[PDB]
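Here is a PDB entry that includes forodesine.
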Amino acid sequence: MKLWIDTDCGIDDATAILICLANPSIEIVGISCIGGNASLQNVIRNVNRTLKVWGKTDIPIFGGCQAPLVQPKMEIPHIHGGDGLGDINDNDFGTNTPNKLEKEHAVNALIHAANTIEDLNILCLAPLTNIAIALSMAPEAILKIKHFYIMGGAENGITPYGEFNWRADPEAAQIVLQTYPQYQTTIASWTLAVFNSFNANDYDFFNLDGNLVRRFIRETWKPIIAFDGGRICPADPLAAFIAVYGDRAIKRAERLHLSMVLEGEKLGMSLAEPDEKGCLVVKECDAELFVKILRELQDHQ
Amino acid sequence: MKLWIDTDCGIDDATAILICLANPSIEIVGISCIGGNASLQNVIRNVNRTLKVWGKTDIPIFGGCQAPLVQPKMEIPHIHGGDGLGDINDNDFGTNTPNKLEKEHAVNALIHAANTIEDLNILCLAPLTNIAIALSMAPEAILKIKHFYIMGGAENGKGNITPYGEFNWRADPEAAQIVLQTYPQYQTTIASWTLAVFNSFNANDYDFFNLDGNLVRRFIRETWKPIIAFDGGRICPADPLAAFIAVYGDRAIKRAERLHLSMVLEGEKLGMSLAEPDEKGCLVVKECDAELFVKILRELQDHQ
Amino acid sequence: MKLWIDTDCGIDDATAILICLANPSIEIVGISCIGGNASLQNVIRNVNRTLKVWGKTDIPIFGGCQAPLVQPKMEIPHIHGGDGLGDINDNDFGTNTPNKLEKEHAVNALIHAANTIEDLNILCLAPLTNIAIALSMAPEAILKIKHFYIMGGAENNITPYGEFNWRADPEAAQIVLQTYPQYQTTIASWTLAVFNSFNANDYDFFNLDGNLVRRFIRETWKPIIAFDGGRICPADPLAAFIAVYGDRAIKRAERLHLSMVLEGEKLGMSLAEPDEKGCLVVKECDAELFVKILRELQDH
Amino acid sequence: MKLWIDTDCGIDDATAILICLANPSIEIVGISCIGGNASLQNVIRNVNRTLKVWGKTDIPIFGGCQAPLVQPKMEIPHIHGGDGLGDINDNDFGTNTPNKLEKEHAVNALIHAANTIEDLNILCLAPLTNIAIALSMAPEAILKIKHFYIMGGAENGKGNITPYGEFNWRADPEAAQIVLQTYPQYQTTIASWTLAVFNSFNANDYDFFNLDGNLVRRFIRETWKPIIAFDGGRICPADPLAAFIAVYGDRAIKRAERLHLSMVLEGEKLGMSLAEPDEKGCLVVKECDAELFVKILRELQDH
Ligand SMILES: O=c1[nH]cnc2c([C@@H]3N[C@H](CO)[C@@H](O)[C@H]3O)c[nH]c12
Ligand SMILES: O=c1[nH]cnc2c([C@@H]3N[C@H](CO)[C@@H](O)[C@H]3O)c[nH]c12
Ligand SMILES: [Ca+2]
Ligand SMILES: [Ca+2]
Ligand SMILES: [Ca+2]
Ligand SMILES: [Ca+2]
């Protein structure tokens, strides 16, 4: 499976990228970077940290846009750390090295990849700002992409509070949801993250040592575990888990047509509607396989 | 003055491009196209028709985006004609020739120009689509642009396409909001629909859009004919007034205000430009030198 | 208890102010305003909004300085919406009315109050600028104040990032900490708030309706809950909770001497050192009494 | 010219204040006091002496802040004497009389003067604590001030109290940085410590600081006697040069470089003025008309 990754690489993005790196069936052809919550300069550095912590370093990193399309970024008190990646120490990992960054804008490089790579998939882990612009510049190119895997949205389960990716750039989410075919789109929603939430203190796979990747997992997740009683709502790792393992990862899903509310009190929320040609919105995951996948990426290779 | 022009080349767009074509102190470095008055393909041919009629086809034309940012499209063939240029006949002008269209997308073309052309200015005569996309991709690039001259909005709150919204900013309000909160409004000069109505002309007391004797006079007469009838004999030279201000600078303005502009992005007033006084906002032209304006429109039509 | 409140009234300021209005043992004798979460002008409006929704507008409101002492802007400008109070609609709350401002500067007013009010306590929910200036012009007046309750600093294992008040003006914080007696100071730290936070998907006390105050709390906190994964980090409300309810609110604290790092890579941080003549740094709170106090002020 | 003076009146302040008093086109509308060369309490006493010696005590005097904003009062090897004015005897000058001191704090009186007096200029001869605090409280008010004249700093990197940094800006660096980054540096002239050592006379080649015949010459002679003895008999008239520029305009200035100044509020070298070229920065006087300087220094001592 060929896969492009779009990320605002915070803590859970890095574990999601690591899930893809840990499966030999996955060839990551490029990683695009978008700002917003975490600054774009910080995202590019954190993608570099993740790839350097892993073995393979032959993946081009592209910087995209610096802000949502139109909505304000809404300043963020990053309690987990200012660098957007748990405030880890580069000297503890051997990643105090120059960051790699391609010259091409992420929008154009994504378009070229879409034009020149057959059976290209994309895993989107961030606000869809980069994707919406590429669909605007060249809808013919992005429509060649085989399938879309997106972390975003909150459908009715009650609809939990706190969905981030689409609320951060609702116009971009609408551009994606109105242009790329929803039938070819698979959603790992914030409702799914909240539904498969667990306490990391009941496990040990976020608190291991013995290799660099294990230390990375433990140190990046450390502040999230501390400040929230151990509770974890896995969003991006679940989206990578679904993109990488397919129906093996899915227990139940619902076909739903999705739209963004761009006006009024419900601005930035989503409308969902049963529709066999709509998004595949995953409802239940193989959680036993998910935590097994989380441990395996930290095994000695 | 090096100038970039972004147009949905309708009838008044083309007359604005002739104003810039007619002044030798103006260098048009490239023309970006966007849907609006008509569809993007019609705009591209309309610009080609305009350049061919004038006779200086050495200006690159770039195809922009195919739709607004988020809004559905808003073609008005009952105003600018089915082809966006008054449904003229190409045999009346000798423009039955292939159209020039460069390979590079207008957004990437404009970003490049802002990066390699010094003291670049832009004249924006159409919905804020190509420009907003380019400010999102490369703000550091587009902020290199010396000044922004934009036809759009209405500080009165009196629109055309809606009671509250001017067409270009109502056709893509998010794009209009993107420009107004990203490019420095202090380096931005606005020729609104307010200005277009205030400095409007009665086409049966003024005949400068009704001459023959040369190709330019025929082009201007035939293109403006359907829109003059649609307006009731009235001419609201919105785009030509914006080019007038960009080309002729201070001596084109009679009264202007410094106003911070912001878009109404929802509700029945979608597309409305709110205005409030601010010495760091946009120079919103209130009165143009109508006398010098008609003068330069006649001079580009003279046989000499 | 007579209480002065120094605030940059963002969203959690307004709820902290409501905790003081809801307790009959508390007499708010004056509210000073400083920039921070919002501009000084926006802070004055938001205090006016909070007092009007409650209904006890008989409180003087003074405007302070317009910037931190030495630092340039704010490390986190425009944090609680464009208006500083979650961009609420005045027409929904009936607060589109003339706002009250007093005309003496907030510094001179705090100096006057500390010189004329016996047993005056002060609650500081914002960057230490108004206080540092008044301490620099009349320390004789400010030291008469009975006790200081300050939201700020992050002490500690693990230290949560993002502390605003002392990072926004580290000189003002150091002025206060080395001039007003720390033994008469009680701290609700950013560490305490982070470790005493709630998620809207587990607790509903900021998602109620049925009267004006419940609507004010829900709408103000709404964009915080929406853009922070549901996380409610109630820093200023915890400070007010400690100031108003005292020993009932505190489960554990430590006597620590606090100073500011004013140079180097660690600019804006807080050095803590065990010291029985230092500030009372609250470490644990009665979370159950706190959630009930939040709900109590929202009763019909 | 309407002029407000902020002083830590040591010896060279008093001569500078006398420079302003001597010119009839200058209107001193108020003198604010701050700790520096000596205690605030001595500064208030030392301005009173200076006005009594001249003979015009109709100028209001305001006590300012008791300490720097952030820094400690720090070691003052009392070079201006124990009392701050060369340890002179009031019985020798007829100044054994009550002092005058206004009720208002200097910060509030400065704010009020800025809001109610047209075309007010300020002359700063001391650590800038009062001005920064008034800038903190009312930028609206202090920006109505036409021009700032400030003795302080050293754009050459050669201070006095520290090898880097001049006394007035080393004594309160945060306040000096507040003034620079809030009051427009283009409306600011600087008599630097570069300037005080540059235009520095040896006292044994002039007699303008060793005269009698009237009370003003005795005051000047007795107050400068200690400061002259410290140096190699040299005269680095820091304060008086600043007053000379503020009063006598362009003819006071010979060569002047527009430079943007900023403060090092950190590190082993603490309290120095970072100098860089800036057309919109301070007007740092580099050379003063020394001949005209000595003549007005003599004339103020006339009968
Ligand atoms: O009556 C009109 N209604 C809508 N659009 C236009 C235009 C076009 N829209 C813009 C004016 O709003 C201008 O660029 C012009 O090309 C002219 N007249 C009208
Ligand atoms: O040797 C000195 N060391 C420290 N301060 C001064 C001063 C005082 N400090 C300022 C010059 O540094 C000036 O205003 C003056 O009043 C003169 N000479 C010295
Ligand atoms: Ca993410
Ligand atoms: Ca047009
Ligand atoms: Ca606050
Ligand atoms: Ca002095």
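The first sequence line is chain A, the next is chain B, and the lettering continues from there. By the numbers in the PDB entry, the shown part of chain A spans 1-157, 161-304. Note that chain B is numbered according to the PDB entry, with residues 1-304 shown in order. All chain C residue numbers match the PDB entry; in order, they span 1-156, 160-303. In order, the residues displayed for chain D correspond to 1-303 in the PDB entry numbering, which applies throughout. Side-chain atoms are counted along with the backbone in the values below, which use heavy atoms only and exclude waters and symmetry mates. Just follow the structure's listing: the first ligand is 1, and inside any ligand the first atom is 1.
- The location of forodesine, copies and all, is ligands 1 and 2.
- In the deposited model, most contacts to forodesine (ligand 1) involve the chain that the PDB entry calls Inosine-uridine preferring nucleoside hydrolase family protein.
- Other chains with a heavy-atom distance under 4.0 Å to forodesine (ligand 1) are given as B.
- Under a 4.0 Å non-hydrogen cut-off, the residues that form the binding site of forodesine (ligand 1) are B/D12, B/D13, B/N37, B/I76, B/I79, B/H80, B/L125, B/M151, B/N160, B/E166, B/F167, B/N168, B/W193, B/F230, B/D239.
- Nearest protein neighbour of atom 19 (C) of forodesine (ligand 1), counting heavy atoms only, is B/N160 ND2, 4.0 Å.
- Given atom 12 (O) of forodesine (ligand 1), the protein heavy atom at minimum distance is B/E166 OE2, 2.7 Å.
- With respect to atom 17 (C) of forodesine (ligand 1), the closest heavy atom belonging to the protein is B/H80 NE2, 3.6 Å.
- Here the heavy atom of the protein found nearest to atom 9 (N) of forodesine (ligand 1) is B/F167 CD2, 3.3 Å.
- The entry attributes the origin of chain B to Trichomonas vaginalis.
- With ligand atoms numbered from 1 in the order given, forodesine (ligand 1) contributes 4 (C), 5 (N) to contacts under 4.0 Å with heavy atoms of B/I76.
- At a 3.5 angstrom cut-off on N or O pairs, B/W193 does not count as close to forodesine (ligand 1).
- Close contacts of forodesine (ligand 1) with B/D13, meaning ligand atoms under 4.0 Å from a residue heavy atom, involve 16 (O).
- In this structure, the list of other ligands and ions lying less than 4.0 Å from forodesine (ligand 1) reads ligand 4 (calcium ion).
- For the pair B/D239 and forodesine (ligand 1), the shortest N or O to N or O distance falls below 3.5 Å.
- The protein heavy-atom contact nearest to atom 8 (C) of forodesine (ligand 1) is B/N37 OD1, 3.3 Å.
- Counting only heavy atoms of the protein, atom 3 (N) of forodesine (ligand 1) lies nearest to B/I79 CD1, 3.4 Å.
- For atom 1 (O) of forodesine (ligand 1), the closest heavy atom belonging to the protein is B/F230 CE2, 3.7 Å.
- Looking at forodesine (ligand 1), you won't find any N or O of B/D8 less than 3.5 Å from one of its N or O atoms.
- Those atoms of forodesine (ligand 1) with a heavy atom of B/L125 less than 4.0 angstrom away are 14 (O).
- Lab note: no covalent bond from forodesine (ligand 1) to a chain modeled.
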